[PDB]
Amino acid sequence: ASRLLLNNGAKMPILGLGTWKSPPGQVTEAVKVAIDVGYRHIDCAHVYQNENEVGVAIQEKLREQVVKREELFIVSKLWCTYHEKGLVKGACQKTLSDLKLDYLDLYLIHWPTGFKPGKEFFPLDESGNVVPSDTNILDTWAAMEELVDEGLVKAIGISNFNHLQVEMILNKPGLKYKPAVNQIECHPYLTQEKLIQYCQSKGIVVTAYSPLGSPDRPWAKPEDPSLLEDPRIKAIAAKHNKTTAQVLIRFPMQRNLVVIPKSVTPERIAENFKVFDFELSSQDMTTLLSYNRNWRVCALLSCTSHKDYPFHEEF
Ligand SMILES: NC(=O)c1ccc[n+]([C@@H]2O[C@H](COP(=O)([O-])OP(=O)(O)OC[C@H]3O[C@@H](n4cnc5c(N)ncnc54)[C@H](OP(=O)(O)O)[C@@H]3O)[C@@H](O)[C@H]2O)c1
Ligand SMILES: O=C(O)Cn1c(=O)n(Cc2ccc(Br)cc2F)c(=O)c2ccc(Cl)cc21
């Protein structure tokens, strides 16, 4: 297909519209044009602060007529603030409320990373770091096995999230459910060859976030790296009379992956979905993998002393 095989027998589309960065002012149009175009998969979250407006679009595309609930794939996540098994529960409730649906297709633990509950989405040190939470990897996994049992969510998994932390959850006693998917970032400057064959190896599904390198990331500086604007990628894209975003987007798909591109911009929603027409050669595939600088983009660093920090091993 256009559509990978979940452990829960279900069928996830290869391509979806990301929704991180997308103001409440741009996100209903973005989603309704993605639907008229053809994306049936979307990636939301409660942090994005836009879910409610993602929803109404879905809602009027449904009730207008273009799509059926069945044929959707909505994905969302658990904030760091309700790793509390007692609180996992409400977290899926007001998101499903937000969304205006009665179920969700795949639910994520947003981070390996527990922080202390209150209003603030990121409670800070008094000096540098996040105020963590005593909460627990596999004991939070359970609070959402519970969510499947109760009907709320058809399937379940992890965001980003290393070999260690994965390999814990399937060694958990009493293990009722398997993670479906491991949402990680990937792109040409981290290819992550080796948790290619752990994640997936042995045997869960990978969704590549930030496929374009994310150049509207709040910590937006560098001076330097620039996947959209890179000389040697530009030429791949020229060869296929396609664009670089296209080449970028095709790239995870072709490694057995799932891609969530974001844009709010109707032009490039409709454009970003235009990627089934070409196959990258064996050489672009070799090359765009030779580009691996090990270079993280989501990265956050007032959380770095926290025990469950994804990015402290190599895979
Ligand atoms: N679990 C996680 O921690 C996590 C973290 C990061 C990302 N994700 C998810 O994955 C999705 C994708 O990542 P992203 O938001 O990080 O970054 P991204 O999709 O790689 O990059 C977003 C930016 O690329 C620009 N763009 C997109 N298509 C383009 C095109 N054809 N030509 C030129 N520019 C284009 C967009 O412009 P405009 O949008 O300004 O038009 C936008 O600001 C997110 O929306 C999010 O839901 C998950
Ligand atoms: O979480 C997301 O999907 C997107 N996203 C993100 O990626 N990080 C980085 C980050 C946060 C916490 C930890 Br722990 C590690 C990290 F590196 C953010 O700070 C972030 C901030 C606000 C919102 Cl609305 C989304 C964000």
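Numbering, chain A: per the PDB entry, residues 1-315 in sequence. One-based numbering, in listed order, for ligands and for the atoms of each.
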Report the name of the drug found at ligand 2, as recorded in the PDB.
zenarestat
Determine the main partner chain of zenarestat by heavy-atom contacts and give the name UniProt assigns.
Aldo-keto reductase family 1 member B1
Closest non-hydrogen protein atom to atom 26 (C) of zenarestat, residue and atom name please, with distance?
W20 CZ2, 3.6 Å
Which of the NADP(+)-binding residues UniProt records for chain A come closer than 4.0 Å to zenarestat, counting heavy atoms only?
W219
Is there a heavy atom in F122 that sits closer than 4.0 Å to zenarestat?
yes
Where's the contact between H306 and zenarestat, heavy-atom distance under 4.0 Å: side chain, backbone, both or neither?
neither
Specify side chain, backbone, both or neither for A299, according to which of its non-hydrogen atoms lie closer than 4.0 Å to zenarestat.
backbone
Does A45 reach zenarestat, in the sense of a heavy atom lying below 4.0 Å from it?
no
If we only count N/O pairs under 3.5 Å, is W111 in contact with zenarestat?
yes
Would you kindly specify which portion of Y309 sits under 4.0 Å from zenarestat, judged on non-hydrogen atoms: side chain, backbone, both or neither?
side chain
Any heavy atom of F311 closer to zenarestat than 4.0 angstrom?
no
Atom 2 (C) of zenarestat: the protein heavy-atom neighbour that sits closest, reported with distance to 0.1 Å:
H110 NE2, 3.3 Å
For atom 11 (C) of zenarestat, what is the nearest protein heavy atom, given as residue, atom name and distance?
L300 CD1, 3.3 Å
I'd like to know what other ligands and ions lie under 4.0 Å from zenarestat, if any.
ligand 1 (NADP nicotinamide-adenine-dinucleotide phosphate)
With backbone taken as N, CA, C and O and side chain as the heavy atoms from C-beta onward, which portion of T113 lies under 4.0 Å from zenarestat: side chain, backbone, both, or neither?
side chain
Nearest UniProt active-site residue in chain A relative to zenarestat; least heavy-atom distance to 1 Å:
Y48, 3 Å
I'm comparing zenarestat with the natural ligand. Which residues that UniProt lists as binding substrate in chain A have a heavy atom under 4.0 Å from the drug?
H110
For chain A, what organism does the entry report?
Homo sapiens
Name the residues that contact zenarestat at heavy-atom distances below 4.0 Å.
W20, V47, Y48, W79, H110, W111, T113, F122, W219, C298, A299, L300, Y309
